[PDB]
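What follows is a model of peroxisome proliferator activated receptor gamma carrying bound AZ 242.
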Amino acid sequence: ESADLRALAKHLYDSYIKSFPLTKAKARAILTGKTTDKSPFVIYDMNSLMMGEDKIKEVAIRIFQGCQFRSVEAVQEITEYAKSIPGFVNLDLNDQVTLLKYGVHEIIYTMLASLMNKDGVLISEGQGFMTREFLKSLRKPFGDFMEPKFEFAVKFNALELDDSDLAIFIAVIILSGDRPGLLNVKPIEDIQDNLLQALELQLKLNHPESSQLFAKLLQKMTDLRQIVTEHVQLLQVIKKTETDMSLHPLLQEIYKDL
Ligand SMILES: CCO[C@@H](Cc1ccc(OCCc2ccc(OS(C)(=O)=O)cc2)cc1)C(=O)O
C-alpha cells in the first residue's frame, strides 16, 4: 500500500526536521543571499578568519579542529535521528552500534553537500561561509582534504533533492546490512527494503520529471564510500606528522577498523 509508505515518509521527514538544526532548506536560503534576514560573514583569507572569530562565535590546524568538532556534533544528531527509524532500536545493540559506525560518515558527507555551493561551505550554523579556495590553500596536508567533498557536493546537488527526500535516503544508508560484523542481517534488510520502497515512491511523487532519480541517487552511494576511505588515509598522514595532536576519541573509535 502506497499509503503506509507515505505515512513512513512523513514520519521520517518530521523526525529529520527535529534532529538536524540546519536543514538544506534553511541552508540554501542563506546561500542565495538575496534573503537578507541574516547574511553570513565570509572567510576567504587570514584576516577574514581573524575577523571571523570577531563576529562568529596555525590556521590550518584550527580548521582541522573545527571540522572534528562539527563532526562529533553531527554524529550525535545522526544518532538521534537513527533512533527514530522504525525497528532500529529493536535490533541487537551490537548491530545498532555497527550500522552507526559505518553509516555516520557517509551521511555526514551527504548532508554536507546541503551547505555547499561550487565556491564554499556554510560553517557555524550558517552564520559563516568559508570559500573553497581558502580551504584549498591551507598548508601542505590540510590543504586538500576538502576538495573531494566539494566535487561530490557539486554533482550530488545537481540531483536537486530536498530535505524530505534526504531524510529517507539517509535512513536507507543507516540500515545497510552489508556492513562488516553484523550479527543479524535479515532484520536489517527487511527494514531497509521497506525504506527503499518509501524512497522510491517519494522520489517518484516529489520529482515526476526526474527520470530514474531513484537509480541515480543509489549510485551516489558508491561515491560516499570512496570519500570516506580517501579521507581516512589523509587522516593517517596527519596523525603521524603531528604527534602533539590527536583525533577526537569518538572519531577515533569510529575509525578503529573500517
Ligand atoms: C578533519 C575532520 O573531518 C571529519 C569529517 C568532516 C569534514 C568536514 C566537515 O565540514 C567542513 C566545513 C567546515 C570547515 C571548518 C570548520 O571549522 S571552523 C573552526 O572554521 O568552524 C567546520 C566545518 C565536517 C566533518 C572526520 O574525519 O570525522
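Residues displayed in chain A correspond, in order, to the PDB entry positions 207-263, 276-476. Counting starts at 1 for both ligands and their atoms, following the listed order.
In chain A, most residues contacting AZ 242 belong to UniProt domain NR LBD. If you number the atoms of AZ 242 from 1 as listed, the ones under 4.0 Å from a heavy atom of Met364 come out as 8 (C), 11 (C). Of the polar atoms of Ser342, none of the N or O atoms is found under 3.5 Å from an N or O of AZ 242, judged by distance alone. The proximity of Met348 to AZ 242, defined as any non-hydrogen pair under 4.0 Å, is limited to the side chain. On the PDB entry, the origin listed for chain A is Homo sapiens. Of all rosiglitazone-binding residues UniProt records in chain A, the ones placing a non-hydrogen atom under 4.0 Å from AZ 242 are as follows: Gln286, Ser289, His323, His449, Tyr473. Counting atoms of AZ 242 from 1 in the listed order, those under 4.0 Å from a heavy atom of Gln286 are 2 (C). Against a heavy-atom cut-off of under 4.0 Å, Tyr473 is close to the following atoms of AZ 242: 26 (C), 27 (O), 28 (O). The shortest N or O to N or O distance between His449 and AZ 242 is under 3.5 Å.
Distances from atom 13 (C) of AZ 242 to the heavy atoms of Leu468, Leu255, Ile341, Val293 show the closest one on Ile341.
Between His323 and AZ 242 there is a heavy-atom distance shorter than 4.0 Å. In terms of protein heavy-atom proximity, atom 12 (C) of AZ 242 is closest to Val339 CG2, 3.9 Å.
For AZ 242, the atoms closer than 4.0 angstrom to any heavy atom of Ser289 are 4 (C), 5 (C), 25 (C), 26 (C), 28 (O). When the heavy atoms of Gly284, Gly338, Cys285 are ranked by distance to atom 7 (C) of AZ 242, first place goes to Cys285.
Protein heavy atom closest to atom 10 (O) of AZ 242, with residue, atom name and distance, is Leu330 CD1, 3.9 Å. Close approach of AZ 242 to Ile281 (heavy-atom distance below 4.0 Å) involves ligand atoms 17 (O). Residues of other chains with a heavy atom under 4.0 Å from AZ 242: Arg280, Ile281, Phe282, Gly284, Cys285, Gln286, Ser289, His323, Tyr327, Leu330, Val339, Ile341, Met348, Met364, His449, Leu453, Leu469, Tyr473.
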